[PDB]
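Bound complex of Thromboxane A2 receptor and ramatroban.
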Amino acid sequence: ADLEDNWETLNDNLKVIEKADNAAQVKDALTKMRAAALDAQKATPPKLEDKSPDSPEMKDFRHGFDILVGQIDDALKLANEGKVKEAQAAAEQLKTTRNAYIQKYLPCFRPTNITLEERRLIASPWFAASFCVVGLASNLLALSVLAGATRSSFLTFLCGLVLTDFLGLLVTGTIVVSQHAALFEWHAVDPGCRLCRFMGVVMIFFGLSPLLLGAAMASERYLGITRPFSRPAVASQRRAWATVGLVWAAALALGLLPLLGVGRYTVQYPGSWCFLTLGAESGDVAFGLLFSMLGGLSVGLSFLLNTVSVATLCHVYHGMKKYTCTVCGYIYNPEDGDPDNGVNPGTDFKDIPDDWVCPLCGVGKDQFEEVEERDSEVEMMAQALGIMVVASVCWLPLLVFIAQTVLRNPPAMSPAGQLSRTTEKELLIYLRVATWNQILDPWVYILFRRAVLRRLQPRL
Ligand SMILES: O=C(O)CCn1c2c(c3ccccc31)C[C@H](NS(=O)(=O)c1ccc(F)cc1)CC2
Ligand SMILES: CC(C)CCC[C@@H](C)[C@H]1CC[C@H]2[C@@H]3CC=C4C[C@@H](O)CC[C@]4(C)[C@H]3CC[C@]12C
Ligand SMILES: [Zn+2]
């Protein structure tokens, strides 16, 4: 069987000896442990794949189980000699040796060339905690100033983004801080592989969600500015919240792919976080590219839609009084007229006769609305730009790096799962750069407001 299964069998039976009241029930738990230890001895741990069956690393691996079986047999002798508390004492020693001989070989853990000294130097739980507190305080501030500001689709997406950033920092931040406080010894926080896999799912979820929500904001702006105006309705707010839920569900489904067998979550340098494995295996390539293509496309789509929206706002919030066809969105521009249909440039919409129709869809003047300049639309366009700039600067270096690592001609990662120290050190840098998106998205909303500008112009 798999190492993880034998590991579970071992722990399940350790709690059994712990609760146990007689020698016979301690004996059965100890017998199951011996079979699980002998079973685990035959296993090939992924971090020893390139190593030959008779290599030093494999000899030390198989030897660990001789030590475990020897400790099981020492507790079995104690149980067969009727001594209950003596066999429970010798069995509790296996909780320490299971960490030495099983824990480090679990699928979470790839091989690393990090020393105990390098770990003591990087470990900074107070720096990390302070930095999370700043991020959470920023997101609580945005939510607070959003509460005092009604049924808009843009603010719905923005509220989704702030709640995602806040929660992201809280969940992943507390795992990061715990790992720094434990000097990156995962067994101290959670023995086994469960916390690591939870960390990975939640890293993808809170990595993809702000990016997808940023693209949702660019889409709302584009449809809102290009198509005729519609007063923020309860239905539009409802539709925007349903969309935030679909985005969250899509980001969650994506994070669950390694649990379904597409990709894999492993502990990453310095040992404070888990993420997709930057390997050359089919699943590592597919999941790594799926994550980077999804994030890349979100930022790219945001760029395309925002440039069209800014250009539309500029052209529309200047010049003569414009009118839009509330059927196709055609904008009657007095500067141009409609000369092929008798309207020379300069003709104000009011001077166009009753029997003129839209040159795009052919409906009458009755279907035309005045294009009204709203400061709120400018405020929202500025905020959508701020969010797009923040995701470009913070998320793109990481997204490009993931895709580049996963696609490297000679593989970036060894068969055992080892990356070079420079690859690990860069991944940490880009991951740290990406964290700032969760800290800065609330500030774009806090700072890019008319009230902030009105209280800055005289104070500058
Ligand atoms: O140990 C490290 O330095 C990397 C961990 N890193 C990280 C955080 C942090 C907070 C303070 C100091 C270092 C930190 C907190 C940070 N959470 S997050 O911004 O919500 C986020 C970022 C990237 C991501 F893919 C998914 C979620 C995860 C990475
Ligand atoms: C658990 C995760 C994956 C998804 C949960 C989010 C979805 C299903 C839920 C939770 C909160 C909900 C929204 C809360 C706020 C509003 C505003 C109101 O005017 C109409 C309902 C509406 C629009 C709700 C629609 C659906 C909603 C977005
Ligand atoms: Zn028309």
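Along the sequence shown, the residues carry numbers beginning at 1. The analysis underlying the following values was restricted to heavy atoms, covering all of them including side chains, and did not include hydrogens, waters or symmetry mates. Order of listing sets the numbers, starting from 1, for every ligand and every atom in it.
- Across the structure, ramatroban can be traced to ligand 1.
- Going by UniProt's N-terminal numbering of the transmembrane segments in chain A, the answer for heavy atoms under 4.0 Å from ramatroban is 1, 2, 3, 6, 7.
- Protein heavy atom nearest atom 17 (N) of ramatroban, with residue, atom name and distance: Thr172 OG1, 2.8 Å.
- Contact annotation: for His180 versus ramatroban, heavy atoms closer than 4.0 Å belong to the side chain alone.
- In terms of protein heavy atoms, atom 26 (C) of ramatroban is closest to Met203 O, 3.2 Å.
- Counting atoms of ramatroban from 1 in the listed order, those under 4.0 Å from a heavy atom of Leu428 are 2 (C), 3 (O), 4 (C).
- With hydrogens left out, the protein atom closest to atom 9 (C) of ramatroban is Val176 CG1, 4.0 Å, a heavy atom.
- The closest protein non-hydrogen atom to atom 1 (O) of ramatroban is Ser272 OG, 2.7 Å.
- Across the listed options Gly173, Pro125, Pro210, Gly168, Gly168 owns the non-hydrogen atom lying nearest to atom 20 (O) of ramatroban.
- In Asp165, neither the side chain nor the backbone holds a heavy atom less than 4.0 Å from any atom of ramatroban.
- Atom 7 (C) of ramatroban has its closest protein heavy atom at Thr435 OG1, 3.7 Å.
- What sits closest to atom 10 (C) of ramatroban on the protein, heavy atoms only, is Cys132 SG, 3.7 Å.
- At the shortest separation from atom 25 (F) of ramatroban among protein heavy atoms lies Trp395 CH2, 3.2 Å.
- Here is the list of ramatroban atoms found below 4.0 Å of a heavy atom in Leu431: 4 (C), 23 (C), 29 (C).
- Annotation: atom 22 (C) of ramatroban to nearest protein heavy atom, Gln438 NE2, 3.4 Å.
- Proximity to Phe131 (heavy-atom distance under 4.0 Å) selects the following atoms of ramatroban: 11 (C).
- Atoms of ramatroban found under 4.0 Å from any heavy atom of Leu169 (numbered from 1 in listed order, with element): 19 (O), 20 (O).
- The set of residues with a heavy atom less than 4.0 Å from ramatroban is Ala128, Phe131, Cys132, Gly168, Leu169, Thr172, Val176, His180, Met203, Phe206, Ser272, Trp395, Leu428, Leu431, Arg432, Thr435, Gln438.
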